[PDB]
Amino acid sequence: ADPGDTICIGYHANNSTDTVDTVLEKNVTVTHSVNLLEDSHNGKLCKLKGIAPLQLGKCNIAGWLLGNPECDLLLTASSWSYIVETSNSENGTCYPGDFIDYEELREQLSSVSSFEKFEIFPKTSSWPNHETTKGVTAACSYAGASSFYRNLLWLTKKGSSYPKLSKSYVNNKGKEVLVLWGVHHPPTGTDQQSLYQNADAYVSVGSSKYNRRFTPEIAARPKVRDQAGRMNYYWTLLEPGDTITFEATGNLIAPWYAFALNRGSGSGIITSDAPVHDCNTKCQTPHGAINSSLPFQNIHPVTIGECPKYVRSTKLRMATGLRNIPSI
Amino acid sequence: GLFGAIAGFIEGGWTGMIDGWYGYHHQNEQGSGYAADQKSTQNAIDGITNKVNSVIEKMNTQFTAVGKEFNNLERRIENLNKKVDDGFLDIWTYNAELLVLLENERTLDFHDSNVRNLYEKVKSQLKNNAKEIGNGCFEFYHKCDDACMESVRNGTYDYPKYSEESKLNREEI
Amino acid sequence: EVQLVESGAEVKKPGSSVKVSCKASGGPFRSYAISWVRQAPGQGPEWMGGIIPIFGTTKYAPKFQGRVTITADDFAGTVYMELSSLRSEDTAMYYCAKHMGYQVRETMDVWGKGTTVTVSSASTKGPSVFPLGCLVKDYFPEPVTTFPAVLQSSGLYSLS
Amino acid sequence: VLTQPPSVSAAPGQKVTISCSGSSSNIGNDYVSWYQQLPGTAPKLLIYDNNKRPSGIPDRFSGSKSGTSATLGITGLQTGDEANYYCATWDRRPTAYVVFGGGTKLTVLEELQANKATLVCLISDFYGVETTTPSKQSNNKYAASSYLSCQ
Ligand SMILES: *[C@@H]1O[C@H](CO)[C@@H](O[C@@H]2O[C@H](CO)[C@@H](O[C@@H]3O[C@H](CO)[C@@H](O)[C@H](O[C@H]4O[C@H](CO)[C@@H](O)[C@H](O)[C@@H]4O)[C@@H]3O)[C@H](O)[C@H]2NC(C)=O)[C@H](O)[C@H]1NC(C)=O
Ligand SMILES: *[C@@H]1O[C@H](CO)[C@@H](O)[C@H](O)[C@H]1NC(C)=O
Ligand SMILES: *[C@@H]1O[C@H](CO)[C@@H](O)[C@H](O)[C@H]1NC(C)=O
Ligand SMILES: [Cl-]
């Protein structure tokens, strides 16, 4: 008017086809939006802070710490960013019996990032007047010959006698020491005499934090791996500066090696069959590693490191732009 | 939408306006074209970036979280652990989904408002030197060349400068 | 104020590519654009290109168009510059710098400290030593152990 | 590109102006910004929008723009102002891009057994050939070298 010049106010459209939901309206095509939800992983188990996990593989935590002969690959392991059991982690206690407070031991290990293994009661040195062979046993075989745990030492009679031992270790490692022993409960024994030379025997283990006596329960028990005897496994965490004392007249499966523990946050035990690879991640799940800065993920509730928050959602898209109306 | 502009009295968007979320189209003797409004786009980008950053800040990363084991005589505590893990997951899934829905509503309305307020700000500059011809457009009652168009876009339109020529045209009809 | 932190020094061969990152503090989403600007010794700065927040639109200088790609990971608060088909004159300091608003323009108010990219046909080598007084040749790239290093016609650094 | 003088000088308290000449596609219809650069540091913004000062920058620096040219003025000149100064603007023309000026420097007043041989010419304390540039010794004088694989 007169010449018809015009100005119009309007808003952007584009060819975006992403949609967001609102409360009033589902599937609204917007011009710009962001996805808040990570749903991708690389299908591998990776290092954190340059440290590889510990892959126990065919072994479980019990076979690892006790030193099952099938776990010899683990002997040199001293530090890890997390611990991995697989769906085939079955080599644990090769000589049958209960691992006492095992779920607690697993909870403790979950905050251990490394250790220093050492020979707590060196074999054939700390035991001048007891036998140190046989067992050994076929239940725990290696290369088709009876063998034993690499960390425990099965003590036996020195020909018909067995004097009340008293072996004591003082913790001068400057940290907690995890000490494992066993107590053997032979069947109709007989065997009791044949191994320990004394029939009314006992084991006693003492420190400030822990004190317990064990009487052998000699009895008829089903065969497990050709063995009708059973063996109970025990652990304790010896405090820095404190003293642990073993006393017995038989049936002691004694500590040979023990572990000096380094605590660390951010570590843990996971079950995964994914393969380990030389990759690095800040976030690890049992399905695989996440490389993401998104605030949520739907991959797995189990996480090592620093991860997005697990939610059940399959979609979380947040609008940034406006309703997209490229054509009328 | 709540403010009546987007998919409202301004029926559709413009794929031809590339530089921003809101802006202008003009036609005069020199030609036609689009131009984003920078100030309104900037303020919207400030709010939306802040909104997204606030969502991120409230939702903390999760650090190491692993399972626990229980023996065959610890079913009560095993189930309690389960109830805790499931319940917190229910609550965080609910919170995340709902915050997204609620904020998406508010985001589309904010854009709608912004368009409305830009329309009204231009209308209020032009007064009766232009007529409203629907769909977010104004027809000037005077010749408006590119310098004049730019004065509208930058908020310094000179009503008195064009008032007489406008009035003569407006009073002809 | 915002701090802009760039990734570490790079050494590349002619014909290869380099990708440099810039992480902005705060955020992580940004209401302002960020550009890449480079400076060959001892020449003036040259604007390479920049990227707009939300829209993700890029603009490139004619001199780099076709071989620079600028990208953003907004949840990480990071922008990237990838320069391909490298030549020896791509040897420069590479800066990110933010703009005051969402649009790319001549005004960049906060700058990273810069990261060096050196493009050469040489490979990494250690120096051999000759009696004169002393002679260290031929090495590449540069060190932490006398007259400033010379750079030979082999791309290797001789110093006495 | 925009044209600047390569080098301007003065004395403490004195005033110098650095000019920036362009064309109608760049300085003609766009805002001009100015950047200071000390050795080993990133350009730092001194002036934007032709004549505005960011915070941190003092009223000793100012800028002006007229038609196709812009000017940076530095009064009360100090020792620390010794530096490179670059103008910048938007060039709408070829394709749109940010262009910088070329810069103004403100100064304030055995092997033979390996079948090889290299002549070593060391050079110091002044004020197939490969010749090392002049570096400045800590002596605050100049150093250099040349090698033939001497003046
Ligand atoms: C979604 O949005 C994108 C923009 O982000 C939009 O893309 C653009 O893609 C088209 C083609 O894929 C590009 O057009 C090509 O552009 C060049 C010039 O820039 C032309 O020379 C090309 O011509 C050839 O191809 C045509 C077929 O497409 C032939 O008919 C013709 O004969 C030539 O063979 C072609 O036009 C365009 O440049 C980009 N633009 C940008 C800015 O990236 C895509 O198409 C969009 N979808 C919708 C529905 O809009
Ligand atoms: C380890 O596991 C395999 C398969 O479960 C079993 O056959 C084998 O005897 C086990 N060996 C030991 C030492 O536990
Ligand atoms: C806006 O437009 C006018 C007229 O075209 C122009 O002269 C002026 O520089 C601009 N004013 C502002 C505040 O940008
Ligand atoms: Cl317009």
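Throughout, protein chains are lettered first and strands after them, A, B, ... in sequence-line order, and every chain is numbered starting at 1. All values below were derived from every heavy atom in this structure, side-chain atoms included, with hydrogens, water molecules and symmetry-related copies excluded.
For chains C and D, the correct pick from CR6261, KD-247, REGN3471, REGN10933 is CR6261. In this complex, the main macromolecule engaging CR6261, as named in UniProt, is Hemagglutinin HA2 chain. Other chains contributing a heavy atom less than 4.5 Å from an atom of CR6261: A, B. Ranking B:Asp19, B:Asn50, B:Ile18, B:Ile45 against chain C (CR6261), the residue ahead of the rest is B:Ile45, based on heavy-atom pairs under 4.5 Å.
Interface residue C:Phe55: only side-chain heavy atoms are found under 4.5 Å from chain B.
Chain-wise, heavy-atom pairs under 4.5 Å between CR6261 and chain B peak for chain C. According to the entry, the name of chain A reads Hemagglutinin.
Looking at B:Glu57, neither its backbone nor its side chain comes within 4.5 Å of chain C (CR6261), counting heavy atoms on both sides.
Heavy atoms within 4.5 Å of CR6261 are found on these residues of chain B: B:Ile18, B:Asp19, B:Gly20, B:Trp21, B:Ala36, B:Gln38, B:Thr41, B:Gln42, B:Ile45, B:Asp46, B:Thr49, B:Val52, B:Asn53, B:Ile56.
At a heavy-atom cut-off of 4.5 Å, contacts from CR6261 to chain B involve C:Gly27, C:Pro28, C:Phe29, C:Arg30, C:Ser31, C:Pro53, C:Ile54, C:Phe55, C:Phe75, C:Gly101, C:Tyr102, C:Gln103.
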Quick one: donor-acceptor pairs under 3.5 angstrom, chain B versus chain C (CR6261)?
| from | atom 1 | to | atom 2 | distance (Å) |
| --- | --- | --- | --- | --- |
| B:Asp19 | O | C:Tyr102 | OH | 2.8 |
| B:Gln38 | NE2 | C:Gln103 | OE1 | 3.3 |
| B:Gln42 | OE1 | C:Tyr102 | N | 2.8 |
| B:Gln42 | NE2 | C:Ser31 | O | 3.0 |
| B:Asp46 | OD1 | C:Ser31 | OG | 3.4 |
| B:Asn53 | OD1 | C:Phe29 | N | 2.9 |
| B:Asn53 | ND2 | C:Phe29 | O | 2.9 |

